[PDB]
There are 2 protein chains.
Amino acid sequence: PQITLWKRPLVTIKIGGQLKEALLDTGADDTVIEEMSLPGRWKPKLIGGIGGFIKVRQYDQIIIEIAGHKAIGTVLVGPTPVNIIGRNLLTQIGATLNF
Amino acid sequence: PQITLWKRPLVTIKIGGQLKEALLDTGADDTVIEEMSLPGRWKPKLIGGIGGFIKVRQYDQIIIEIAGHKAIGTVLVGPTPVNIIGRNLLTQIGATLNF
Ligand SMILES: CC(C)CN(C[C@@H](O)[C@H](Cc1ccccc1)NC(=O)O[C@H]1CO[C@H]2OCC[C@H]21)S(=O)(=O)c1ccc(N)cc1
Ligand SMILES: CC(C)CN(C[C@@H](O)[C@H](Cc1ccccc1)NC(=O)O[C@H]1CO[C@H]2OCC[C@H]21)S(=O)(=O)c1ccc(N)cc1
Ligand SMILES: [Cl-]
Ligand SMILES: [Cl-]
């Protein structure tokens, strides 16, 4: 699609066999999702935004469907107030900003 | 332009006589920058992100050039780690997210 920005750019995602929704966020370097179970080994990380830092679990090579488009990459899990799709996955679906 | 997301989508911004850069951020409702030169009195506001909530300085009716395009609207000054152009101004310059 072509998504205008009068409201938050939220899309349906599928991760871990579950349908969720997430914000398409060109300001986020990495994808961060609310607490859930994912396969494989994780590594502890910190991410910082407005507000300060949070503790997250880093899982690698996770399959996610974004608005019907498959992407595979790193997913961070932790206490974000909203699920966020960052640039590491937006690049895999060929998302662009246009003006 | 049609901007890919392999690196941060930074663009030139001009406010008054000051040339700066800022992140085009579809995940930000509001535009927030770290400093503006001699901008006068502000109105207090709070905003929240990953991390928690911060006090910012709200300024209305600011004329800002964003990647060559003129916008007029609200700019927040506060402790943001990177200057961000949020949706309140992205809509004025006709930006859309595409995939
Ligand atoms: C501040 C940015 C450079 C970075 N952030 C992405 C950003 O889009 C967040 C994404 C976001 C969105 C909602 C809640 C928390 C975080 N937006 C945000 O803080 O916006 C603030 C200004 O406008 C307001 O509207 C939303 C909150 C306020 S972030 O969420 O801190 C972040 C940082 C690192 C990663 N990997 C993922 C996310
Ligand atoms: C996304 C979180 C689950 C990540 N964890 C953060 C941790 O502080 C959580 C933060 C936390 C807090 C509440 C709910 C989930 C996670 N605490 C926690 O798991 O506490 C456990 C012991 O008490 C039990 O009750 C709460 C969960 C259990 S962590 O994996 O230990 C970890 C630690 C350090 C870093 N940098 C990154 C990750
Ligand atoms: Cl530019
Ligand atoms: Cl002043």
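Read the sequence lines top to bottom; their chains are A, B, and onward. Going by the PDB entry, the residues shown for chain A are 101-199, listed in order. By the PDB entry numbering, chain B shows 1-99, in order. Atoms within each ligand, like the ligands themselves, are counted from 1 in listed order.
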What is ligand 1 bound to in this structure, taking the chain with the most contacts and naming it as in the PDB entry?
-> protease
Identify the compound at ligand 1, choosing among darunavir, itacitinib, pirmitegravir, dihydrostreptomycin, fulvestrant.
-> darunavir
Find all other chains that place a heavy atom under 4.0 Å from darunavir (ligand 1).
-> A, B
Which atoms of darunavir (ligand 1) have any heavy atom of A:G148 under 4.0 Å away?
-> 31 (O), 33 (C)
Of all the atoms in darunavir (ligand 1), which lie at a distance below 4.0 Å from a heavy atom belonging to A:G149?
-> 31 (O)
State which organism the entry records for chain B.
-> Human immunodeficiency virus 1
Contacting atoms of darunavir (ligand 1), where contact means under 4.0 angstrom from a heavy atom of A:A128 = 37 (C), 38 (C)
List every atom of darunavir (ligand 1) that sits less than 4.0 Å from any heavy atom of A:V132, numbering the atoms from 1 in the order shown and giving each element.
-> 37 (C)
Is there a nitrogen or oxygen of A:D129 sitting under 3.5 Å from a nitrogen or oxygen of darunavir (ligand 1)?
-> no
Which of the numbered atoms in darunavir (ligand 1) are below 4.0 angstrom from a heavy atom of A:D130?
-> 35 (C), 36 (N), 37 (C)
Is the shortest distance from a heavy atom of A:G186 to darunavir (ligand 1) less than 4.0 Å?
-> no
B:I50 neighbourhood, listing darunavir (ligand 1) atoms whose heavy-atom distance to it stays under 4.0 Å | 15 (C), 16 (C), 29 (S), 30 (O), 31 (O), 32 (C), 38 (C)
Going by the order shown, which atoms of darunavir (ligand 1) are within less than 4.0 Å of some heavy atom of A:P181?
-> 14 (C), 15 (C)
Would you mind running through darunavir (ligand 1) and noting each atom that sits below 4.0 Å from a heavy atom of B:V82?
-> 3 (C)
What makes up the binding site of darunavir (ligand 1) if contacts are defined by heavy atoms under 4.0 Å?
-> A:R108, A:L123, A:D125, A:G127, A:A128, A:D130, A:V132, A:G148, A:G149, A:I150, A:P181, A:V182, A:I184, B:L23, B:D25, B:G27, B:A28, B:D29, B:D30, B:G48, B:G49, B:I50, B:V82, B:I84
What short N/O contacts, under 3.5 Å, does darunavir (ligand 1) make with the protein, listed by atom pair and distance?
unit_1: darunavir (ligand 1); atom_1: 8 (O); unit_2: A:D125; atom_2: OD1; d: 2.8
unit_1: darunavir (ligand 1); atom_1: 8 (O); unit_2: A:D125; atom_2: OD2; d: 2.4
unit_1: darunavir (ligand 1); atom_1: 8 (O); unit_2: B:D25; atom_2: OD1; d: 2.9
unit_1: darunavir (ligand 1); atom_1: 8 (O); unit_2: B:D25; atom_2: OD2; d: 3.1
unit_1: darunavir (ligand 1); atom_1: 17 (N); unit_2: B:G27; atom_2: O; d: 3.3
unit_1: darunavir (ligand 1); atom_1: 23 (O); unit_2: B:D29; atom_2: N; d: 3.1
unit_1: darunavir (ligand 1); atom_1: 23 (O); unit_2: B:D30; atom_2: N; d: 3.3
unit_1: darunavir (ligand 1); atom_1: 25 (O); unit_2: B:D29; atom_2: N; d: 3.0
unit_1: darunavir (ligand 1); atom_1: 25 (O); unit_2: B:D29; atom_2: OD2; d: 3.2
unit_1: darunavir (ligand 1); atom_1: 36 (N); unit_2: A:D130; atom_2: N; d: 3.3
unit_1: darunavir (ligand 1); atom_1: 36 (N); unit_2: A:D130; atom_2: O; d: 3.2

